[PDB]
Q: 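In this model we see abiraterone bound to Cytochrome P450 family 17 polypeptide 2.
Residue numbering in chain A adheres to the PDB entry, whereby the residues present occupy positions 55-140, 145-194, 198-218, 236-257, 262-420, 428-495 in order. Just so you know, ligand 1 is whichever comes first in the structure, and atom 1 is the first atom listed for that ligand.
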Amino acid sequence: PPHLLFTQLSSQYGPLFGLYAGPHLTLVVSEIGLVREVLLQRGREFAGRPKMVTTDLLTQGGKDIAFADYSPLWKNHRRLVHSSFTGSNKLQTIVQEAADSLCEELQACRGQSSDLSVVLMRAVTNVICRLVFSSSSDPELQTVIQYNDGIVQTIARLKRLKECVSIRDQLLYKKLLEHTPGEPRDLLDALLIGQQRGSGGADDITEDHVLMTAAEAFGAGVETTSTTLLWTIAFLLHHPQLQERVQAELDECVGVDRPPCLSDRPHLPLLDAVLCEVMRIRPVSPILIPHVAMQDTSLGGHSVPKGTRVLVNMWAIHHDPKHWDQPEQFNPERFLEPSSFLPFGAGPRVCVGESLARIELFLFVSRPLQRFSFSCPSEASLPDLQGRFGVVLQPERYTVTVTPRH
Ligand code: HEM
Ligand SMILES: C[C@]12CC[C@H](O)CC1=CC[C@@H]1[C@@H]2CC[C@]2(C)C(c3cccnc3)=CC[C@@H]12
Ligand SMILES: [Hg+2]
Ligand SMILES: [Hg+2]
Ligand SMILES: [Hg+2]
């Protein structure tokens, strides 16, 4: 796989490669210094994204955030979303009530070598359809899960894809249509408020961008977080001792009861370190979304023509033995104290869900670990740590035994 291939080649040929496709050049960047040039130092010049056709379909031809070109239209559009992610004092609430749902379904499978994934998909999807449309067991969804899995699978291996996006677009359009500038209840509310306001176009966002942003916040919110929960628990199975310590940390500073609040984070540094280790050892995107050069620029000491694509090899920088000790190995300790670590990227294209992901990961990893304990079953393996990329780096299915405290 690309991220392993260019990681291996970096030791002996440079940390910087070039590939040619048509008449457009692609640089691969696999050294911390050079990625900070791309993402920080000269962040703005590399802030373009490419116009593929699969992404077009996904986002109605660059009407989202992640696959849209940097532009005044994009900067105001991002501002709106950012504001918005920020209150959400909210959740907490939203998260904790889904964590209770999740957590109360897990005990219903006590001593069951369940296969936790359907359960986590439903949990995170609740948090998200909720935080975006205030939507809610059930369901139409299968439908959501059904259309999400259809899109992911189509891309994993169209034709089949359009129809799947079309399902999502109509469904979302209905909730967009149905959707108080004082006290917003939804991320979609916030987006319509800001769209309302702007006299733009030309530069203010059409509402389509709302539909697309709402559609993207799903994809991103569910697929990144699901995976990070699946990875987290996978690792805590190969390392039971560490599972105990985090539980011991949780015991000592939160009760055996108090739903861990967001105000407990400074007091729970080993847990935060575990989330940061999970982020490090399995990048959700071992290669970022291509950054495109918005003008003639440079990198290393070399001119980079405008239109050049730049793949950031985040696996390489997070596994670089020059900046990490035994990066293959799993130590949240390596973060125990208070160069190369950018789990959400950096600069103008940094993750927009970073605030949310930190908060959302904390609140129901603390809680599953507060009420439950996760073990490799007797007649199963340990989970396979290699994992598979598309559309994020996720682990293969694994089976896990849950048992509560008492
Ligand atoms: C859970 C762990 C997550 C990690 C580690 C992560 C990491 C990243 C990274 C590395 C980037 C790209 C940086 C770049 O291209 O320059 C990114 C982009 C993005 N992430 Fe995340 N992300 C996570 C979760 C989420 C969530 C939950 C959302 C929900 C909305 C989200 C939305 C986005 C979006 C919209 C972008 C595109 C940013 C842009 O083009 O400016 N991410 N993320
Ligand atoms: C393809 C998918 C997931 C499947 C959806 O059906 C369509 C979709 C829309 C936006 C994509 C998302 C997966 C993760 C993506 C690719 C990304 C992301 C990836 C990792 C971390 N943060 C953000 C932001 C846009 C996100
Ligand atoms: Hg489908
Ligand atoms: Hg505490
Ligand atoms: Hg096992």
Q: Could you help me spot every copy of abiraterone here?
A: ligand 2
Q: Quick one: what's the binding site of abiraterone if I count heavy atoms under 4.0 Å?
A: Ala120, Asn209, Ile212, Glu298, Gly301, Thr306, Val366, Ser367
Q: Please give the species listed in the entry for chain A.
A: Danio rerio
